[PDB]
Each structure stands twice: as C-alpha cells, then as structure tokens.
Peer 1: 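This structure is in structure tokens; I'll ask about it shortly.
The chains carry the letters A, B, and so on, in the order of their sequence lines. Throughout, chain A uses the PDB entry numbering, with the displayed residues spanning 2-394 in order. The numbers used for chain B are those of the PDB entry, and the residues that appear cover 2-394, in sequence. Chain C is numbered as in the PDB entry, which gives 2-394 for the residues shown. Chain D uses the PDB entry numbers throughout; the residues present, in order, are 2-394. What you see below is based on every heavy atom in this structure, not just the backbone, and it leaves out hydrogens, waters and symmetry mates. We count ligands from 1, going down the list as the structure has it; atoms in each ligand are counted the same way.
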Protein chains: 4
Amino acid sequence: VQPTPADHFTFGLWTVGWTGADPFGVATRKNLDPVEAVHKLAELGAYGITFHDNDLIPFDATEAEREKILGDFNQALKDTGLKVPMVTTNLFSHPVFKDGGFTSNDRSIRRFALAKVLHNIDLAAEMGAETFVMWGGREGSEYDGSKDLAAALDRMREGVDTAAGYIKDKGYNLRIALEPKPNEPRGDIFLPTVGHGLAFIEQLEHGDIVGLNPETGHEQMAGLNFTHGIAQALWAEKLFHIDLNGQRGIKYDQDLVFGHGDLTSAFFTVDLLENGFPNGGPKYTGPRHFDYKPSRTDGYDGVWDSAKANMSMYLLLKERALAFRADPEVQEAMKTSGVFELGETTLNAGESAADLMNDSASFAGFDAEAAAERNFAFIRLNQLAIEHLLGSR
Amino acid sequence: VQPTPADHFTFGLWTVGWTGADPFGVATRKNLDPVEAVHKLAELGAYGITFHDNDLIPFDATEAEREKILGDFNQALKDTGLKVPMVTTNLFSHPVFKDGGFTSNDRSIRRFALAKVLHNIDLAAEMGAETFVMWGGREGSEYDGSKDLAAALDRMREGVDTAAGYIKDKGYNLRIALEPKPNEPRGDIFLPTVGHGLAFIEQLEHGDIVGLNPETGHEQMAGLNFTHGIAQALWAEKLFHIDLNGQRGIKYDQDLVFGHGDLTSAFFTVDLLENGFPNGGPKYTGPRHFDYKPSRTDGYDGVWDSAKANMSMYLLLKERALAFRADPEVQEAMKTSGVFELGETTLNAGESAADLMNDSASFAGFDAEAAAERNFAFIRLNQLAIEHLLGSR
Amino acid sequence: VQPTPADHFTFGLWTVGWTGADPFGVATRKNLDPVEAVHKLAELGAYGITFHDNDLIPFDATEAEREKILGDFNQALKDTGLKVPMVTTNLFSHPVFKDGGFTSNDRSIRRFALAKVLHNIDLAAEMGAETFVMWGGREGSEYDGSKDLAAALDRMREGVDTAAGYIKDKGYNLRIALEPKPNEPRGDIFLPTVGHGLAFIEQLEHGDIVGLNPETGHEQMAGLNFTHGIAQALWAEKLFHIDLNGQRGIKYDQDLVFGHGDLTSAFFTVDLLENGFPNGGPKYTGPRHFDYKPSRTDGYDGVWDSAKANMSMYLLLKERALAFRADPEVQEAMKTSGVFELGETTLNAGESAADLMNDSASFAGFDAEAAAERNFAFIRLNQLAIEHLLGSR
Amino acid sequence: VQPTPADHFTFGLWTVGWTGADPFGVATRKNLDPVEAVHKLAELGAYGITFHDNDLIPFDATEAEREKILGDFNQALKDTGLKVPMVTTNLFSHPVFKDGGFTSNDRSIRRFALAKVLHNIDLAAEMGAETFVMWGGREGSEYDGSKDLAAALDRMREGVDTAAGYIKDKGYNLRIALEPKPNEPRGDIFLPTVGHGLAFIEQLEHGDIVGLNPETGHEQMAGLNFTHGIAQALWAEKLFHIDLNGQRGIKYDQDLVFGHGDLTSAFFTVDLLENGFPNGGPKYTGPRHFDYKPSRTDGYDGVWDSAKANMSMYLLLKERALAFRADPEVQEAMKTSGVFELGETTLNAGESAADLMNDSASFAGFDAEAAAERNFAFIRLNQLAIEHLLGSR
Ligand SMILES: OC[C@H]1NC[C@H](O)[C@@H](O)[C@@H]1O
Ligand SMILES: OC[C@H]1NC[C@H](O)[C@@H](O)[C@@H]1O
Ligand SMILES: OC[C@H]1NC[C@H](O)[C@@H](O)[C@@H]1O
Ligand SMILES: OC[C@H]1NC[C@H](O)[C@@H](O)[C@@H]1O
Ligand SMILES: [Mg+2]
Ligand SMILES: [Mg+2]
Ligand SMILES: [Mg+2]
Ligand SMILES: [Mg+2]
Ligand SMILES: [Mg+2]
Ligand SMILES: [Mg+2]
Ligand SMILES: [Mg+2]
Ligand SMILES: [Mg+2]
C-alpha cells in the first residue's frame, strides 16, 4: 500500500504543523517550518498541500517578510512538484473575529473579514488552487438572543456572493467550497450540516460556483451518517472537495487519522468515492484531503507516521471496497436486497399520477400483506460487507 | 392563560389518542374515539385537528365503514367548529412499509405508497386542509450498503413531484410540507434535518409548492438549535407548518409537551414565532401544531391535562417573550450587542468588491487589535432574557 | 469460524424471537415457538439459551399451562443439550409496570414486582442458571419532580437485597447481575451506566453476590467507551455476565448484531474478553451472550443468518485479536508506548509519601521539559491494531 | 437576590481569570491579577475563592517568587475575609502531563505528578481548605490499545490512596473529591461519570476520606441527568463539593453560567441542594462553587456581570424552588403521584421474602389490570413545577 501523486492525497499545512495546544494545555511540539512540511509530504507521496493565509503568512507580517516566505514556499513547491489544490482563510484565531468574520455584529469587522478574504482569492489564484474553502467557525452564538438569525444569513450571503462575484470578475478558475460544522468553537454554528450548506447555496446570486467541503468528523458531531451526507452533496452535484479524518462520537472535534474513528463508515465512504453509486451517477474526482491532527502525545516521528497512516488507511479501505463490489456473491446479495431495483423509476414511461391511482393492481387490488413478506436480507448484505472489510473473504 | 381559536392551536389525533405502547410495552390506555377527541379539543380551545389517513380510517376498512367513520367525523367538526388544517399519510405502520414507502427497494411497494398518498390528497382536499405533510419515517437504512443513495433521492423526488404535479393538476389549494427526522424508526433517515429538507426541495420540479414541517424534538435529536433551523426555513420562506413538543437530549423521540424539554430554547422559539426577527423579515403565520404523546404513566385525566399544558406553555412563553422585547433595558442591551448593527449591509451602496479591498480603512490601515476590544455583552443580554423567562423582571 | 459449545455463545429467546414491532409499526414476522428456537440454536452451535419468565410462560397462564410449557421446553433442552445459563424477569411490558417494578411509586406494584422476581429465582434455580439478570427498564422518570431520588434507591436497594438474601437462604448457586441503561423506555433510568451500577452494589447488604451485566449498546447510548467500562467492572471483580451487540451512535437502542456497530470497539472488546490484560490480571470466563434484535426488514432466513453472524463476527475478531497480540512488531510498539511500564508501581517498595516528596530527582530536580519530549507513539500503535483488524498483517 | 457570605458561593480563580484562548484562537482579555480577583469577588458577595497551584504560582517560579506571591495573596484574603475552601492541582497544562499525571504510561512522570500533588496538599492544609479536588483530565486515551486498562486503575488507586494516607498521617482536616469527566481533553477520560467515580472510591484503602466533586456540564456531556447523579452521590454520602455551570448539549465543555444551560435541570438541582428530599434524608451543606468560563466575546464588564449572574440565577431559582415546594397544590399533586408513597418500605416490618411470596394478595390473587389504571399524574405534577419556575404561580 504505497501512495502515488496519482492518488491525489492532499494535506493541510495546519495538520502536520498542529503543535498540540488544546483548550487545557500548551504545545507539545515545536513549530513546523513550511519548507520542511513541503519536502516531507513529497517524500511520503502527497500530491499537494493546502493552507490558510496565516498558516504561512503571519497576521502581522511586513511586506518584505511576505515576499520572502512566499519565495521559500514556491521554491519548495518548485523543487518537489507538489500542487496547491485548495487555499482557505483564517477568519477565526485573531480576537477581532471573536464574533465571526462575515457575520460579526460589528460592521467594521464584517468589512475587514471580507477584505482579508478578497486578498486571499488573489493569492489562491496565484498559487494555482482550483478550490477556495470557507469554514465559518466563529459564525454563530452561545445564546439565542445574540443574533438576528435572518440578518446573520443575509450577512453570510453578502460575503459569499461578493467573493464569488469577484472570482467571476477576475476570471480566476476558482470554486468556493463551504465547510459546515455544527458547533465548536461557538456553541451553535450557522450552516451546521451538509444539508444547511446545500440549502443556503440555493439562495445565492452566484451559487453556481459555490459548493461543499464536508468533513467526516463534523457530520459525526451531530451524529449524522457521513456517507449519506456526501451522497446528497453528490446527487446535487455540489461535492467540490472533502476533508477526511476520524471521529469517535458526539464530542469535541478529535480530528483523528482517517479510519481511526468510525471504520465501517470509513469503509462505505471509500466505497462511495471509488466505486460510485451502484446504479451509476456522478463520481467524486477531487483531491482526497486529510484535515486531522497528530495526537499531542506523539513527537515528530509520530507526526510523519500519522500522515502516512492517513494514506495507508485510505489505500487499504480502497482495496477492500474494490474486492467487495467485485465479489460475485456480493452482487447477487445486492440484487436480492433490491439495490438495483431501487434504480427503476416508480412510474411506467408516460404513466400519470391519475393513471396510477386508478390502476387497480398498484392500489385497490394490491395485496399488501403478501408484498410485506419479502425478506430484504439487508443483514446478510451487511455481513458480507463486514467480511470484506476484515479481509476475511 | 386561556387559549382561543384565534390562537390557532392544532393537535394531531394520534397525539391525545396515543394509547401508550412503546418498544418495551403495551398500551396503558383504551383507544380514543375520534368523535370524543374532536369534542374534548373544542372544549379545550383547540382551533383544529389533524390526522393520518389510518388514524381515522383503518387500513382494512370496507367502503361502507369508510363512509360512516367520515360521517361521524365531519358531524363532530360541524358541530364544534374545528378546522382540519393538515392531513398526512401513514407510510410507516403496516409491515409492507418496513423498507419505506417512496424509497422502498421494492418497486411494487413504491407504487402502492404513491397511490395511497394520491388518494389521501383527494381526502386532504375534501377536508379543507391547506397543508399536506410528508414524514418519511421508514425512508433510510440500518446499514450503509442497503441502498443506492443517489437512487433513494431520485425515488424520493419522483414521489414528491408526482404528488405536487397532481395538486397543481387538480387545482387543490394544498402545499406539501416535508418533515425531517435524523433517525427512529430507521438507524439513519433520509433528509435528516431542516437543512437536508431545504436542499432537496431545490431539486424538485415542483418545489414551489413544497416546504418544511420542522419538529422541535427531531432537530434536538441531532443536537441542533431548533430556533436556528426554523430561522433558516423562514429566511428561505419554506416554513409551511411547525410541530411543537419537548425533547430532553439526544435519545429516542420523547415527544414531551411543548416546553417540557429545553425551556430556554422553547422561549426563543416562541420569541421567533411571535416577535419575528429583530430587524424584520418574514413571520410565521401557520397553525401552531402540537405533536406530542401524553406520558404512558398517566390515565385520561392526564391526557386532557397534557393537551391543556401544551397551550398554557405556549401562552406563558408568549407573555414572557412580549414583555422581554418590550423592556427598554432589553432594547438598549440589544443595541449594545450589535443586534441591530448586524442588519446593516456590509458594503456601502454601490461599493464593489474591488472598491472594498483597496479601501485602506477597511483593510490595510484597519486597526484589528483596537476593534477586538469591543465588549459584545452577550452574557448580560442572555441574563436579561432568562430574567424575563423566570418572570423576575 | 464454526462455533462450538466451548465458545460459550448464548442467545436470549427474545432476540431471535423478536417479531419486529417497533414504536412506529407492527411485527413483521410470525411468532417463534421456543421449542423451535432451542432446536434451531443448538444446531447453529450455541451453547445455551436465556429467557425472561414471560418470554416462555405467558403473564396470563394457568398452572397447568405453565407445566405443559416447561415440559416441552425441558424436553427440547434434553434433546439438544443446550443449557440455561441465565434467567431474567419481565418487569416492563405489562401496563402495571408503567412506573417501574421495584421503584414504582405505588407500594402494591412494588410488592407485586418483587414477588414476580422471587418466584422467578425459584424457576432459575430449577433451570440450572448461575446468573439471574435484573434490568430496571421502567425504573426512572421523564420529569425531575416525579420521584424522591433518595427513596427510589432505598426501594431499589430493598428489592435487590431481598432477592439476594432469598438466594442465600435457599442455597441456590446463583448471582444477581444488574444491567445498566441510561434511557429508553424512561427518559432517565436509574443506574444509567456501568459506574452507577457498580457504585450502587457497594451500598447493599448482600453485595457479595451482586455484580453487573454490561451491554454494548447501552453504554454506547451515553457515548461511553465500552472497553473502558467492562475493564472497570472486571478490575472490581463484578463482571458477572455480558450482553454483546451493536449500536451506531447515541440514539434509540438498535440491538444490531455484534460488530455491526462500532467495529474498532468490538475488536478491543473481544481482545479484553479473550486475551485479558497486557500486564496480566483478571479475566472474564462467563458466557458470551448476544442481546440483539434481527432487523425487521428481513424474514426468518435473516433471523438465522443474524444469529450465525453474531458468532462469526466474534470468531473473526478473535483470530485478528490473537494475531495482533502475538505480533512481535506489536509487542515492540507496546513496549515503546509504555503499555508495560504502566504496570510498574509508582512508588518503590517500601517508599513512603514523605520519601517521594523529599526525593529531589522526582520533583525538585526533575527535568519536566526533558520528560515532555517522549514520543509515546500511540498513533503508530493504533495503526498496527487497525492493520491487524483489516486482516492486513 | 443580593448574595451574602452565608449563601456559600465560591469561585475558582481560573474561571473569572480565563482570558479566552480556546482551541481555535488566542486570549481576548488581558490576564487578571489574583489580588484584584480577590478584591473583586469579595465585593460581589462571594464567600470564598478556589485555585489550582499554577493558577497562583507559576510552574517555573522560584521559592522567593512563590513566597512573594502568597504574601500578597494572603494579605488580600485578610483584607477581604474571603476563605479558601478548596484547592486543586494542575496535572494537565504543561506538556509533561500529555499522557496523564497519575496514570501516565511513563513511571517518572507518575512520580512527578504525585509529588506535585503531595506538595499541594501541604499548601492546601496551610490555606484552610477542607476539600482537595482531583480532576484527572489527561487520564485516559484516544485509542483503545494505548493502555492496559487494569493497570491504569491500579496506578490511579495508588496515587489517590498515597495522597489520602498522607492526609491521615499529617492530620490535615481535608477530604479528597474526584471530579469525573467523560471526555475532553482525552477522547476517553477514566472515571467518566459520577457512577464510575463512586464505584472506584469503594476499591481504595482510604475511601473513607474520598468522595466526589460532580460538575453539571460534565455529566451533561454524557447526556445524563445531573439531579439523578448528584442524588446518588448524596444517597451514598459522597457529595463533598460541587461545580455548577451550564451546558447546552452533548458537545465540548461550554462552562456557561449556571442556568444558561439546561434551565429546568438547574431548577431541580437547586431544589435538591436547597430543599433536599421530599420524604427527608441527606442534605448537602458544602459550598456552591461555580466552575464556569466568561464568554470570550465579552470584555471585563461581562466578566463581573457573569460572576454576578451565577449568584443571581441560583438565588432566583432558589425562591421559585421554595415557593414551589411550599405550594399546597403541589403538595397535593405530589401526594397523588405517589412521591410520598415511594418512601414507604415495600415489605412490612418483620415480613420475609418467603412471607411476601406466600401472600396471595401480593402476587397470586393480585389484580394487576386494576393496579394498571392508576393515573400517576406525572404530567400535571411537571406542569406545576414549570409554572412555578416561570414565576407564574
Ligand atoms: O478553514 C478551513 C479549515 N480550518 C480549520 C478548521 O478547523 C478545519 O475544519 C477547516 O478545514
Ligand atoms: O407523518 C406525520 C407524523 N407522523 C408521525 C410522526 O412520528 C410525527 O413525527 C409526524 O408528525
Ligand atoms: O431483561 C434482560 C433484557 N431485557 C430486554 C432488554 O431490552 C435488554 O437490554 C436486557 O438484556
Ligand atoms: O481541576 C479542577 C478544575 N479544573 C479545570 C477543569 O476544566 C474543571 O472541570 C475542574 O473543576
Ligand atoms: Mg475537524
Ligand atoms: Mg476541515
Ligand atoms: Mg416526534
Ligand atoms: Mg411530527
Ligand atoms: Mg439493547
Ligand atoms: Mg441486554
Ligand atoms: Mg467544565
Ligand atoms: Mg469543574
């Protein structure tokens, strides 16, 4: 199980560079030089790297420092071949953003947040990124009277449509990906799930270049089925990027390695990315990005190991999910369970609503108790899946 | 605190009629005659009643039984004046629906489910209902390989667009309201939240007459903020109906009386329905429906008491939320916290993206550390709210 | 991966016999005869069968009816060789137990719930059961004011200590195992987790013969780590029986097959039951009882598939857990991470608190910054367990 | 609703002093001097202040530095009259405690964590503290294989029993209180709830002087009923201290002010701490300690508002809880529901298990169907508590 650029494993600079400070303690690891991260990631088989403007350029950086940091960084990229598929903005660590960027109650802040974002789009554009990620981490509240919620969504729309309008105006080849999160750091975050993300998109003047960046753990924090969520994003064709990691339950964002959380769920996420839908449909073709944090208990050896464990986990799952769908016994079980059957339209070609209600056989004379006798055999189909996952069959 | 028809309290027939069987035990209460429910609800101050086709008409009812039951039922309505604002379909108790109605894997079932629904629309139409509710309770799975998820959403769309197409064709004055639920009775339900509900709607040929029926408890089962969810439904203008009840955490659907769960949340839901958005916007004007279950521990006295407790709770909360927004000290705190400020557009009239990025003051010379000094005072605004709720001020 | 009676797999009659009635629908399968249940399980390789009094003898049965039922049932056990390792009482289905058995606010229901238990200890002794399980499924409340919380525990203590003393008096060779559950059917059940169960036993007069019956799904309904919980029970020498199944999140009790829930957790569960502790310590040698429900979407073929599946899952993870611990690479990784080191006392033999305080090398002159550099290499250690689980190593 | 020193409200230095650094951002407020903290709290009506060794004395401080700090601090206590009821140790912030203090896989960190505690018991005695709190915040794991679960408990037992014996040896008049937490910062903390805490104490050599320090937010992070948990601690005579705050759901530790979380639960919490049990029994007379964090969106005015708010919330709910129990309508409702009846033993004086079994009126000739008709009227009883809470009665 050896990854290759062709695999499109991307990693966030803030991921391997996470030095370990959490809400109850300080960093356990020294800062990571961006040039080193670039080079280690290229020796591991990474395809690209992503970052937040302030991951690379300090908030207070002078112009001379900015040009230098970027010289060093492009030099590393040049030298190693890594791509920069996604760039994002940090609208959350500086105290100024304590109430959000786009949806801060303070107009002056909303303004700086949008400016900071427009500048970052130029940068994203220079770096050759295809995706522009928005994570509205400080957008929300701890109390229900803190905000006029209709005004918070108007404000969100203004910021996103302004960013998108500008992409169109500058002719950049960028798509905006919204990344939902239910809570943390705010008690309640706006656009908390994939569903809320897709909904909002549809209210946008420029929603056509706006899509989603679901994160495994974020969905699991609301106890939702991450495979079901991304399938909704796919079906609507708004799956522009994905963030893979592991979560063990409803609690703080753990950001474990992909597959170190809910494993069967990881299995079916891989089946979906790789194999697609059993009856066919859109397939995801973007970068497979890992947004995790090397546990603070581990030193730097652990850090490259966890980077490596991401890609292995994906590759192992990939192998199992291909075996799985390729097993003849699994294809038969599927057919039995009606998986292919769900793909057949309900109505007959040119059958109307009226046509159906008066069809006796479909209703009036339909024998409901006999139909109810079908053994769907979903347990056995489940068992086969598990046996493929365990490398048992 | 005495309700009046003018209040628009509606109750589901299955609510006061819930006889008490849960997954670990049998009914503790005798069946409720629909005629009695109609009359008790009218003596309590209810404005209307709602039902599922099989709440009133048995699955196996003969035609002669159907006409009788409806004679008795319309007689009660006639006599007491109650309205029938909403009607819904039972696509979940018969074994035939063990895998869903609309999204069952078995084509014959999908067909019967849609027929059963089309017939129910005629009925909804005869009863004078304005809203047609769809609760896809058996739509989902316990295992991730049971379903082709893109095919499950195509199937869902077919069923909903077919129902809606038919409303348009028959000229009925009905709107379809989708009711999301994250889980129970299935391990995972499709369209699990308000967000997923709104998203899907936008993929519909006839989404224009399709909206949402959020339920307090359903949203709280995924740990989401029910006030924030309905505010998104409002903002998108898709809040067609609401179901009020109480939930004490992430667990099975408790369906407690409204306000017997998360009370502050109940408080802010009422503030929102009644008072609207602090900066203005759409307001909800539909029935205030209670979909709860009188605890199985209580006999029939408890049953009318719990019906009555719904309406009292709403009225008490209403009183507190009007006092609250009317307090001058609260309006001042709000202004301080920037609630009205969030309502001011970010950009200046005819200011472009480009105009903003080069405005020095908004970015380049913006003093971020000084702005960050603002005391938002959301804690105090929270305290005032609570003190109004407790009838302290 | 062919089970055999020394595997000690047992199944409850209520599991395979569950006909599918959930709170939103009717049973989807025909009742199962118990004689057929014994024959069918013996043949699958089960070692024993468990039951609740009313699983076998109807609540309403007459004495002769009771005697006719046990005669066919006893014959069947003889014909098959199945044992009856554990017996339990139904103190939750009948309407009378609507507020509980032992903790019911009505004193005459309490006396009745306790006489139902006593009579059942006599049948238990008669069957050869070693463990008598108590699940206080209706013991709790939906509202905080419904109970005097100190009295409920006194009433609970009273019922369990009366049953225990009864055991000692008759000289039955039986132990009582309490089964914790945090909610469902009550909004709050008393003794909601393993901890609460363990603590409570320490306040009993006859605690010596009272221990616990943890269940996978149950602790997972409070988002707890099942392996950490059963570990504490064992450490305390209170793990008298165990119920194994699958739960996919904090939601209603799912009762999926063991391994169809949280897969990595099931693996570590099998590692502690089969292999025990790395530094040596207690071991559980009781039955591996499966407390699950065969999915209602499936017919009888899925019922026996499901029973097979529980035994398979356990046997697969069992080989992987043995390969895993046997692996010398794993043994070195555990060695690096300090798994063995934790087994070493903190204090040296005969060292006193004062000695340690007063030891400059342990505090005063301790290099804490140096010590912080240790790479615990927990991530790699995790990656090795997962590769072993995926049958990759 | 003006607090006074006999209200026994205490506050931790770390609470008001929290400057706002969360995992996604930097502190938003300037550090608070402890001298200023004492002066400011004494003035608000607090009775006492608590702290963690490193809250006052820096980890790095020199002896003279330690002495200079305690001198100003001790002066301040004198000038104000504030007491120091509880003291605790920081075994979580510094990088060395990355795998725990007492349960760290590294033996030399364990010895260091235990000497840090011993030295702190000496400062505790010196301050006049009666309670020494232990929060094992880093004691646990992110992966199941990281620890030998039996050894971790042995190491935990060892550290707590060494500290206890130390206490007894020196004759300090102090008790140890353990504070359970289910997760954060670890994916799984050991002794995750009140139950686990209580059970564990029973296995100690010096358990007699060891009890618990439950915290609202903490049990709520496992979705438990805080009133049912503190009730069990009290029943066991193990409720030695308490931390009060607010949590709005299963998510990260929010530390909102008491009452800004689950309002109905706070009310019943105040009813058990203030009024005790309806049939009489134990009472808690220790301090009402507030373990919260002032929201980072707010400046120092919100810090002191927030401190005021904790004391107000408690005092408001306190009057409502007294009015509520005093109400003769409530006393009759409780009487109907059986609250008092539960206080009655099940068995008659001198009745034996055999007597009861053998009593035809308690089992054989018991009308269970009749008994099932009782209207426990739990809903109405709930509605009365809520009207009292809304200051409506
Ligand atoms: O802003 C993008 C990036 N920021 C950091 C967030 O925590 C992560 O979830 C997100 O992918
Ligand atoms: O189908 C509509 C109705 N059905 C019963 C559901 O449980 C409830 O949530 C829903 O409002
Ligand atoms: O009473 C024992 C048995 N009853 C059925 C329960 O639902 C299960 O949790 C328990 O193991
Ligand atoms: O150590 C005591 C104190 N530390 C800070 C913790 O976060 C809180 O839960 C605990 O009460
Ligand atoms: Mg994350
Ligand atoms: Mg992310
Ligand atoms: Mg509901
Ligand atoms: Mg509903
Ligand atoms: Mg269960
Ligand atoms: Mg069980
Ligand atoms: Mg806390
Ligand atoms: Mg605390």
Peer 1: Look at ligand 1 and name the drug there.
Peer 2: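 At ligand 1, it's 1-deoxynojirimycin.
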Peer 1: So I'm looking at this entry - what's holding onto 1-deoxynojirimycin (ligand 1) the most? Name it the way it appears in the PDB entry, please.
Peer 2: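 Greatest contact count: D-xylose isomerase.
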Peer 1: Which other chains have one or more heavy atoms under 4.0 Å from any atom of 1-deoxynojirimycin (ligand 1)?
Peer 2: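 The other chains in heavy-atom contact are A, D.
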Peer 1: Which residues, given by chain and number, touch 1-deoxynojirimycin (ligand 1) within 4.0 Å on a heavy-atom basis?
Peer 2: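 Heavy atoms under 4.0 Å: A:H53, A:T89, A:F93, A:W136, A:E180, A:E216, A:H219, A:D244, A:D292, D:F25.
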Peer 1: Nearest protein heavy atom to atom 2 (C) of 1-deoxynojirimycin (ligand 1), by residue and atom, and its distance?
Peer 2: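 Protein heavy atom at minimum distance: A:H53 NE2, 3.4 Å.
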Peer 1: Which of the other ligands and ions shown lie less than 4.0 Å away from 1-deoxynojirimycin (ligand 1)?
Peer 2: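 Other ligands or ions: ligand 6 (magnesium ion).
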Peer 1: Based on heavy atoms only, which residue from the UniProt active-site list of chain A lies nearest to 1-deoxynojirimycin (ligand 1), and how far is it, to 1 Å?
Peer 2: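 Using non-hydrogen atoms, the nearest UniProt active-site residue is A:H53, 3 Å.
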Peer 1: Distance to 0.1 Å, residue and atom name: give those for the protein heavy atom nearest to atom 8 (C) of 1-deoxynojirimycin (ligand 1).
Peer 2: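 Going by distance alone, atom 8 (C) of 1-deoxynojirimycin (ligand 1) is nearest to A:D292 OD2, 3.0 Å.
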Peer 1: Hey, which atoms in 1-deoxynojirimycin (ligand 1) end up nearer than 4.0 Å to a heavy atom of D:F25?
Peer 2: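 What qualifies from 1-deoxynojirimycin (ligand 1) is 7 (O).
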Peer 1: Specify the protein heavy atom at minimum distance from atom 6 (C) of 1-deoxynojirimycin (ligand 1): its residue, its atom name, and the distance to 0.1 Å.
Peer 2: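 Looking only at protein heavy atoms, the one closest to atom 6 (C) of 1-deoxynojirimycin (ligand 1) is A:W136 CE3, 3.5 Å.
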Peer 1: I'd like to check which 1-deoxynojirimycin (ligand 1) atoms, numbered from 1 as shown, lie under 4.0 Å from a non-hydrogen atom of A:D244.
Peer 2: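 Listed by number with element: 11 (O).
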Peer 1: Which UniProt-listed Mg(2+)-binding residues of chain A does 1-deoxynojirimycin (ligand 1) come within less than 4.0 Å of, going by heavy atoms?
Peer 2: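 Applying the heavy-atom cut-off to the UniProt set, I get A:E180, A:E216, A:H219, A:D244, A:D292.
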Peer 1: For atom 9 (O) of 1-deoxynojirimycin (ligand 1), what is the nearest protein heavy atom, given as residue, atom name and distance?
Peer 2: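 Among all protein heavy atoms, the one nearest atom 9 (O) of 1-deoxynojirimycin (ligand 1) is A:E180 OE2, 2.8 Å.
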Peer 1: I need the atoms of 1-deoxynojirimycin (ligand 1) closer than 4.0 Å to a non-hydrogen atom of A:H219, numbered in the order shown.
Peer 2: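 Going through 1-deoxynojirimycin (ligand 1) atom by atom, the ones under 4.0 Å from A:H219 are 9 (O).
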Peer 1: Purely on distance, is any nitrogen or oxygen of A:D254 under 3.5 Å from one on 1-deoxynojirimycin (ligand 1)?
Peer 2: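 No, there is no polar N/O contact under 3.5 Å.
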